[PDB]
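Chain letters run A, B, ... following the sequence lines, proteins first and then strands; every chain starts at 1. What you see here is only part of the deposit, and the contact count is restricted to that part. Note that these values count all heavy atoms, side chains included, but never hydrogens, waters or copies made by symmetry. All ligand and atom numbering here is 1-based and tracks the order in the structure.
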Amino acid sequence: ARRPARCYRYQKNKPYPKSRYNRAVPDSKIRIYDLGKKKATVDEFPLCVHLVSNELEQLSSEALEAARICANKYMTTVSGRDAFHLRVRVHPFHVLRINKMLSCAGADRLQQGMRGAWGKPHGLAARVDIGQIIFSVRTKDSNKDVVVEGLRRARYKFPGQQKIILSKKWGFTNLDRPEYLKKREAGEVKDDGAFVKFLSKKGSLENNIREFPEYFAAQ
Amino acid sequence: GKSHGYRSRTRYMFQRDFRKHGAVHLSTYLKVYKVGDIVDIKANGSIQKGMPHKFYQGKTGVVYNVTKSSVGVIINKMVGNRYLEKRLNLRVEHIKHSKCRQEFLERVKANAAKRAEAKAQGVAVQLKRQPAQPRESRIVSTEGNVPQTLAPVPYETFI
Amino acid sequence: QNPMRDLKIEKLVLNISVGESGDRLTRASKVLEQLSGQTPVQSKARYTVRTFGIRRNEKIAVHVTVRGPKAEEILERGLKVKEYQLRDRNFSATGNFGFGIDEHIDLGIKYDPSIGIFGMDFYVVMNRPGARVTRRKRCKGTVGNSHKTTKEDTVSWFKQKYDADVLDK
Amino acid sequence: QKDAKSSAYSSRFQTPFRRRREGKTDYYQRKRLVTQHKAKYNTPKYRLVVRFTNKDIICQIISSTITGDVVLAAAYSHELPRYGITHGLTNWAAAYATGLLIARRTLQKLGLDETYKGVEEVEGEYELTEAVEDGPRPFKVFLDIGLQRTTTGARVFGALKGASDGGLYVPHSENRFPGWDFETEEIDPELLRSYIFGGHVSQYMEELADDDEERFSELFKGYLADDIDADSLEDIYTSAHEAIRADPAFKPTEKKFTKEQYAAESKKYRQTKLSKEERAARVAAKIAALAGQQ
Amino acid sequence: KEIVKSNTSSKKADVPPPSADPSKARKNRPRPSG
Amino acid sequence: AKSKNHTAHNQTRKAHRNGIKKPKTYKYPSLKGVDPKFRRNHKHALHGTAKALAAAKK
RNA sequence: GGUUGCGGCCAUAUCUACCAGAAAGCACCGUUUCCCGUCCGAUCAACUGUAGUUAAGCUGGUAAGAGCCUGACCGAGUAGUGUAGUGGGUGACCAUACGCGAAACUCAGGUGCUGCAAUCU
RNA sequence: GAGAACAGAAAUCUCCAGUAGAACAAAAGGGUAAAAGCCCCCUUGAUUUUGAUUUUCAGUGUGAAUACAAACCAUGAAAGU
RNA sequence: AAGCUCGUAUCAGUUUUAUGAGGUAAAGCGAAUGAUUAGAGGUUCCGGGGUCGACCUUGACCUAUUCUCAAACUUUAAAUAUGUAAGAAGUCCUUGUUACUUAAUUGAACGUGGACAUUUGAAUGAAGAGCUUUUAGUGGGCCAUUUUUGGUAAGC
Ligand SMILES: NC[C@@H]1O[C@H](O[C@H]2[C@@H](O)[C@H](O[C@@H]3[C@@H](O)[C@H](N)C[C@H](N)[C@H]3O[C@H]3O[C@H](CO)[C@@H](O)[C@H](O)[C@H]3N)O[C@@H]2CO)[C@H](N)[C@@H](O)[C@@H]1O
Ligand SMILES: NC[C@@H]1O[C@H](O[C@H]2[C@@H](O)[C@H](O[C@@H]3[C@@H](O)[C@H](N)C[C@H](N)[C@H]3O[C@H]3O[C@H](CO)[C@@H](O)[C@H](O)[C@H]3N)O[C@@H]2CO)[C@H](N)[C@@H](O)[C@@H]1O
Ligand SMILES: NC[C@@H]1O[C@H](O[C@H]2[C@@H](O)[C@H](O[C@@H]3[C@@H](O)[C@H](N)C[C@H](N)[C@H]3O[C@H]3O[C@H](CO)[C@@H](O)[C@H](O)[C@H]3N)O[C@@H]2CO)[C@H](N)[C@@H](O)[C@@H]1O
Ligand SMILES: NC[C@@H]1O[C@H](O[C@H]2[C@@H](O)[C@H](O[C@@H]3[C@@H](O)[C@H](N)C[C@H](N)[C@H]3O[C@H]3O[C@H](CO)[C@@H](O)[C@H](O)[C@H]3N)O[C@@H]2CO)[C@H](N)[C@@H](O)[C@@H]1O
Ligand SMILES: NC[C@@H]1O[C@H](O[C@H]2[C@@H](O)[C@H](O[C@@H]3[C@@H](O)[C@H](N)C[C@H](N)[C@H]3O[C@H]3O[C@H](CO)[C@@H](O)[C@H](O)[C@H]3N)O[C@@H]2CO)[C@H](N)[C@@H](O)[C@@H]1O
Ligand SMILES: NC[C@@H]1O[C@H](O[C@H]2[C@@H](O)[C@H](O[C@@H]3[C@@H](O)[C@H](N)C[C@H](N)[C@H]3O[C@H]3O[C@H](CO)[C@@H](O)[C@H](O)[C@H]3N)O[C@@H]2CO)[C@H](N)[C@@H](O)[C@@H]1O
Ligand SMILES: NC[C@@H]1O[C@H](O[C@H]2[C@@H](O)[C@H](O[C@@H]3[C@@H](O)[C@H](N)C[C@H](N)[C@H]3O[C@H]3O[C@H](CO)[C@@H](O)[C@H](O)[C@H]3N)O[C@@H]2CO)[C@H](N)[C@@H](O)[C@@H]1O
Ligand SMILES: [Mg+2]
Ligand SMILES: [Mg+2]
Ligand SMILES: [Mg+2]
Ligand SMILES: [Mg+2]
Ligand SMILES: [Mg+2]
Ligand SMILES: [Mg+2]
Ligand SMILES: [Mg+2]
Ligand SMILES: [Mg+2]
Ligand SMILES: [Mg+2]
Ligand SMILES: [Mg+2]
Ligand SMILES: [Mg+2]
Ligand SMILES: [Mg+2]
Ligand SMILES: [Mg+2]
Ligand SMILES: [Mg+2]
Ligand SMILES: [Mg+2]
Ligand SMILES: [Mg+2]
Ligand SMILES: [Mg+2]
Ligand SMILES: [Mg+2]
Ligand SMILES: [Mg+2]
Ligand SMILES: [Mg+2]
Ligand SMILES: [Mg+2]
Ligand SMILES: [Mg+2]
Ligand SMILES: [Mg+2]
Ligand SMILES: [Mg+2]
Ligand SMILES: [Mg+2]
Ligand SMILES: [Mg+2]
Ligand SMILES: [Mg+2]
Ligand SMILES: [Mg+2]
Ligand SMILES: [Mg+2]
Ligand SMILES: [Mg+2]
Ligand SMILES: [Mg+2]
Ligand SMILES: [Mg+2]
Ligand SMILES: [Mg+2]
Ligand SMILES: [Mg+2]
Ligand SMILES: [Mg+2]
Ligand SMILES: [Mg+2]
Ligand SMILES: [Mg+2]
Ligand SMILES: [Mg+2]
Ligand SMILES: [Mg+2]
Ligand SMILES: [Mg+2]
Ligand SMILES: [Mg+2]
Ligand SMILES: [Mg+2]
Ligand SMILES: [Mg+2]
Ligand SMILES: [Mg+2]
Ligand SMILES: [Mg+2]
Ligand SMILES: [Mg+2]
Ligand SMILES: [Mg+2]
Ligand SMILES: [Mg+2]
Ligand SMILES: [Mg+2]
Ligand SMILES: [Mg+2]
Ligand SMILES: [Mg+2]
Ligand SMILES: [Mg+2]
Ligand SMILES: [Mg+2]
């Protein structure tokens with residue numbers, strides 16, 4: 001079936017997530033939110049590009065899926081399989097309902113009907129605020145043209161308006177690149193898995209010493 | 001079927017506050033209520049006996065009776081167009097001591113003491129309150145503060 | 001440095017876990033009175049296990065708690081049985097310790113075949129002075145960091161006196 | 001312990017009333033004493049507080065106030081030597097003593113001393129102080145056990161039978177005294193009247209004199225060098241009876257030096273708090289030590 | 001004299017606690033060969 | 001057939017024509033629901049303070 | 001000022017570690033005839049204050065400590081929201097007008113206050 | 001979590017941790033930690049009388065409930081309930 | 001509709017000030033709960049098998065991080081809406097009654113006699129305030145903006 005995406009496009013209903021009071025709902029056609037090279041070190045991938053919604057609406061998982069697949073297949077096969085880290089920034093937690101009048105042969109019914117209208121779960125979608133990021137990709141600054149088009153190539157699977165935005169920031173973190181590198185000389189950045197931990201001033205002096213040695217090279 | 005029983009919809013309402021639970025302290029039991037006292041009504045979930053119906057939560061009335069563990073409070077609720085007279089028998093854990101009138105006494109008492117100042121001097125009284133006023137003319141010094149002039153900021157994306 | 005904190009034996013509970021009702025349980029209950037002279041206390045079954053043949057609330061085990069003079073010699077009796085050598089386990093990280101031996105004949109206790117044959121569990125808890133700080137009613141406190149019998153501390157107590165041994169590592 | 005508590009734990013934990021954490025108060029019971037009738041309005045409720053330290057017996061007449069609790073007048077075991085007992089400070093007969101001290105002490109403060117005499121010569125039999133016909137009514141006080149576990153023949157109920165016997169109205173039943181037999185279910189005033197005047201402690205000295213001298217050497221070592229004998233004990237407390245009722249009035253210690261003078265010394269042994277400039281300087285220094293990746 | 005010591009447990013279920021099952025077992029142990 | 005179920009529409013309007021009144025209070029309110037042995041003893045406290053003015057005036 | 005009996009508010013009072021504690025008090029502790037309670041004088045009971053002790057309970061301090069309390073044109077006049085137009089936009093949405101206005105964040109500071117009674121270099 | 005003959009994943013015993021993460025017939029929600037939970041002891045306030053009050057409401061009935069009065073009882077050292 | 005008692009007594013689909021109550025919007029998830037993407041660190045020296053006559057995968061737990069959510073989640077928490085007070089029926093002083101109440105001339109009510117008005121104790125308005133009896137029609141409703149449920153939607 002899959003009645004068209006035009007029926008579910010607008011957020012018409014309070015979020016209806018899969019829950020204890022609502023079970024037996026299908027599975028998101030997108031299970032994979034992180035792909036490309038997801039283990040890459042923070043300093044490896046300075047440049048970041050976003051796919052940002054310009055509209056207040058609902059994105060279906062099946063659409064999210066084909067968008068993800070689309071971006072990747074271009075990005076990899078053009079630049080490289082490991083040349084980027086693509087993250088899907090939205091998770092389809094909203095459960096769509098259908099009534100499903102069609103039952104079994106041989107005839108439809110009269111006149112009831114609308115009676116007992118409440119629907120069974122149909123699909124999933126991710127309700128999206130204006131200016132909410134949909135996709136994020138981090139790569140090396142030399143890959144811009146390839147990354148900027150990768151998301152641009154994926155917008156065509158998305159209902160509504162979305163913009164490709166050049167992120168003034170380092171990688172998938174905060175800290176606009178100078179304010180990042182500023183804390184790189186002070187060695188306040190401890191590489192975690194595919195991310196960093198930052199050195200606070202707020203903690204116990206013992207572990208702060210052990211954790212970030214080169215910050216006090218000294219102070 | 002619809003469900004209208006006594007405490008329905010009170011879930012969050014009759015909850016005790018985050019990190020306040022268990023036994024109620026002794027200030028509540030150690031308070032004295034005579035007739036005419038104006039009291040605020042707020043139920044307490046820890047005490048099930050003698051607690052207000054959810055309607056009277058937040059309402060304030062004048063106690064008309066004093067019994068062993070409770071005080072009768074007369075309250076005014078509207079039904080149709082009129083106020084009928086409700087009287088509740090409520091325990092002390094559910095009764096506050098209303099600060100609404102308390103200041104009015106501290107107003108009258110200060111009014112009578114400022115009356116003796118027109119008795120011992122003879123100046124004009126100015127007893128009744130007056131609301132906030134248009135303010136007044138003033139002069140703002142440029143000395144050490146010279147107006148710094150701002151423009152509007154352009155548009156730039158922060159993410 | 002170490003004036004009041006020396007040591008003692010808080011209590012020793014000899015536990016005999018039967019696993020069945022009736023005679024074997026009721027007889028093993030006489031064994032523990034002939035043991036400490038104290039009359040013991042049986043335990044009900046936690047939950048039914050049809051593999052072990054016991055419904056819940058079935059009287060099964062039995063044990064008794066002894067302190068002071070009567071325990072330390074019955075404890076000393078057992079240390080003769082396992083011959084003053086104990087393993088690196090058998091000592092809890094909370095400082096207490098215990099072992100077990102078969103037959104109970106090995107420490108005193110003549111046969112009396114009109115009783116029958118039983119083994120047992122020797123577990124014994126170590127404490128210090130100021131222990132009722134935690135165990136009292138009024139102003140119940142908690143034993144400080146120092147004090148607070150540790151594993152290596154009650155071992156260096158049990159190796160020194162009794163001249164016993166750690167084992168297995 | 002490596003049981004170390006998550007910040008989630010210590011953020012959402014609800015700390016009990018302080019006097020629960022330190023375990024000096026059962027508030028469940030305090031509500032059931034302090035709280036008065038609402039048609040009795042502001043006329044306060046009075047509790048008899050009985051507290052046994054190891055070396056002392058505390059007995060206080062107390063009412064309650066939202067600012068904090070009030071004590072009418074208080075006595076002690078450690079006052080009793082002034083009334084003639086150097087030894088046996090915390091024991092049943094000293095509880096009757098302190099209880100009968102505060103009975104005639106507080107009740108004197110009210111001008112109620114003369115009227116409402118007491119039980120006088122003490123048969124140890126069960127009775128309460130009834131009312132004067134056409135006159136005041138006994139000053140009503142209630143027993144506050146504190147945290148104390150109730151048992152039949154417990155050290156606290158001597159102060160009960162002492163204070164009740166001293167004119168105070170402190171209602172009770174006989175059954176938690178010694179002499180209530182849990183089959184007989186009535187009381188024997190002998191076993192009490194014995195205990196009231198010390199008829200246990202003395203009886204032990206006799207029996208102990210026989211069995212062990214070396215045990216009698218220390219345990220009673222205070223009675224030896226003070227020239228005190230076995231059945232002399234009966235008259236130690238029987239005398240203090242007349243002495244209590246004689247001068248119930250409270251004279252305090254004259255407490256050499258003063259208030260201000262104590263404080264000038266009596267804690268110089270507490271540390272001062274730092275300022276932020278102090279703690280911050282240390283931190284910057286504590287870095288220098290621990291620094292260098294060591 | 002049968003003196004029983006009572007359980008402080010609030011659990012009135014006859015179900016064995018789910019700390020126990022055919023799983024969590026071990027292919028090891030000193031199975032006697034003699 | 002099916003029809004309307006409920007509404008509050010227009011009811012605020014109707015209840016404001018003649019409406020909303022007020023508790024219409026007096027001094028010396030009724031004693032309804034006051035402690036009996038107050039209102040019992042209160043009778044004799046007033047029964048007695050009557051004779052006090054059945055004497056004083058003469 | 002310490003200390004204790006009863007407290008009010010009930011984390012600025014809780015947790016974790018580590019030190020320091022004179023005086024007095026508190027305890028820890030000795031005792032098992034008597035009332036008394038337990039499988040067990042461990043808890044409860046009673047005797048003694050005598051045989052011993054700050055090791056602990058307890059009270060303080062220390063921690064770029066956890067948590068908690070506090071402040072601010074910190075973020076934010078942001079989110080939201082009351083009123084308004086024949087405002088914009090195909091719509092989804094959005095702007096402006098007259099008002100009300102957060103929580104997260106951040107920087108900063110603080111870590112029980114105190115009643116009645118008694119007592120102590 | 002760390003510890004004890006058979007005893008194993010699961011028997012019984014111990015210590016430490018444990019803001020409730022358990023239990024309170026049941027639906028769900030609220031409430032409770034020296035308790036409202038577990039356990040033991042004693043009882044029949046699940047009683048008499050007859051009015052008032054809250055919810056629903058027409059301010060009728062009914063169901064349920066709250067605070068009293070007048071008795072007579074239970075319980076506890078008691079205040080109390 | 002008929003009036004009746006009175007003549008500014010009392011009010012009020014409004015604000016101001018004082019004082020309550022509420023758990024929606026928003027917000028929060030390196031806070032509880034429930035869900036949810038990704039790596040990194042650390043014990044099992046394994047729950048289980050191998051490589052070897054103890055090293056690597058698999059999982060299970062654990063530690064600090066990371067992406068995204070909730071009508072029937074939540075520490076926090078609006079706007080709008082909402083109970084109360086702003087007096088002569090007031091604030092006090094004294095001391096008569098009672099069978100209630102207290103250790104009690106303690107209280108509790110209710111009185112006796114007495115102190116104080118002039119902004120008499122916020123603004124604004126009042127076409128007058130209160131009261132009673134009787135009786136018609138009606139008891140299919142629909143529409144706009146906004147909040148909102150079911151439904152792909154509807155002039156549903
Ligand atoms: N697009 C046409 C839509 O159908 C409407 O009318 C529908 C029906 O009312 C009308 O009658 C159809 C008939 O044509 C068709 N061949 C057989 C069908 N059973 C009939 O419909 C009938 O039966 C159905 C099902 O039981 C029920 O809706 C009802 O009893 C009745 N409408 O035909 C349409 C469907 O076939 C109107 N034509 C129109 O206003 C509306 O927009
Ligand atoms: N789905 C289509 C429509 O969506 C609308 O959605 C509106 C609401 O979700 C929300 O509107 C809020 C409103 O709820 C709230 N009660 C008042 C607030 N001023 C409005 O705000 C909104 O509208 C105003 C209009 O000038 C804009 O200025 C503002 O930027 C915008 N956020 O924002 C949307 C309009 O911007 C309405 N739900 C309704 O008309 C209809 O469902
Ligand atoms: N402006 C102050 C604020 O608004 C209010 O303060 C005052 C007024 O704004 C408020 O007026 C409200 C009105 O909003 C709404 N109509 C509800 C209520 N009926 C009115 O209040 C008044 O109503 C009538 C007189 O009109 C009186 O019978 C009633 O006693 C009185 N409270 O009455 C309040 C007291 O006179 C709120 N109390 C509070 O949010 C806050 O004080
Ligand atoms: N309460 C006073 C106010 O606190 C405010 O601060 C609020 C927040 O900044 C503070 O949040 C702290 C956070 O700073 C700190 N770095 C971590 C801590 N867990 C947070 O705590 C807070 O949030 C967590 C959930 O994240 C809750 O579990 C916790 O109960 C809450 N206090 O919680 C405070 C409220 O409790 C402001 N500093 C200021 O308006 C004022 O000081
Ligand atoms: N990813 C690791 C694995 O996944 C699960 O655990 C994951 C989470 O469930 C767990 O997250 C945190 C936890 O770190 C923390 N120390 C305690 C916290 N309550 C947990 O919370 C988790 O569950 C709660 C609901 O109970 C959610 O609200 C929350 O979003 C979720 N992170 O930590 C893990 C990583 O986030 C499995 N329980 C376990 O097998 C293992 O930890
Ligand atoms: N705002 C002040 C008011 O004063 C009022 O007081 C009024 C009345 O109580 C008082 O009336 C008294 C009356 O009490 C007493 N038993 C009889 C006496 N003749 C009346 O006197 C009054 O009425 C007569 C007759 O018309 C007039 O001649 C005389 O001027 C007038 N004082 O006269 C006052 C009017 O002048 C009320 N206490 C009350 O409404 C309010 O407090
Ligand atoms: N019960 C009989 C009644 O007792 C009344 O007296 C009792 C009380 O009403 C009277 O108290 C008076 C009170 O009447 C009057 N309206 C106010 C006055 N402040 C009170 O006085 C009270 O407080 C003061 C200290 O403030 C004490 O010194 C005094 O002893 C005390 N009674 O004191 C008595 C006990 O408290 C009157 N004598 C009378 O109405 C009648 O005889
Ligand atoms: Mg559609
Ligand atoms: Mg809908
Ligand atoms: Mg899903
Ligand atoms: Mg249906
Ligand atoms: Mg939003
Ligand atoms: Mg597009
Ligand atoms: Mg419903
Ligand atoms: Mg609340
Ligand atoms: Mg709140
Ligand atoms: Mg009930
Ligand atoms: Mg109690
Ligand atoms: Mg009299
Ligand atoms: Mg009785
Ligand atoms: Mg009796
Ligand atoms: Mg019909
Ligand atoms: Mg229709
Ligand atoms: Mg209809
Ligand atoms: Mg219907
Ligand atoms: Mg009309
Ligand atoms: Mg001992
Ligand atoms: Mg003792
Ligand atoms: Mg020390
Ligand atoms: Mg801190
Ligand atoms: Mg501060
Ligand atoms: Mg428009
Ligand atoms: Mg605006
Ligand atoms: Mg407003
Ligand atoms: Mg403000
Ligand atoms: Mg502290
Ligand atoms: Mg835990
Ligand atoms: Mg939990
Ligand atoms: Mg029950
Ligand atoms: Mg439930
Ligand atoms: Mg709950
Ligand atoms: Mg608690
Ligand atoms: Mg009674
Ligand atoms: Mg307000
Ligand atoms: Mg909510
Ligand atoms: Mg709600
Ligand atoms: Mg929300
Ligand atoms: Mg928040
Ligand atoms: Mg929860
Ligand atoms: Mg839960
Ligand atoms: Mg790993
Ligand atoms: Mg805040
Ligand atoms: Mg008089
Ligand atoms: Mg006018
Ligand atoms: Mg009509
Ligand atoms: Mg009709
Ligand atoms: Mg019709
Ligand atoms: Mg229509
Ligand atoms: Mg139409
Ligand atoms: Mg149209």
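Of the candidates brigatinib, reserpine, novobiocin, paromomycin, what sits at ligand 7 is paromomycin. Most heavy-atom contacts to paromomycin (ligand 7) in this structure come from the chain listed in the PDB entry as 25S ribosomal RNA.
Other chains with one or more heavy atoms under 4.0 Å from any atom of paromomycin (ligand 7): I.
Those other ligands and ions that come closer than 4.0 Å to paromomycin (ligand 7) are ligand 53 (magnesium ion). By the deposit information, the source of RNA chain I is Saccharomyces cerevisiae (strain ATCC 204508 / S288c).
The set of residues with a heavy atom less than 4.0 Å from paromomycin (ligand 7) is I:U94, I:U95, I:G96, I:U97, I:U98, I:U105, I:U106, I:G107, I:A108, I:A109.
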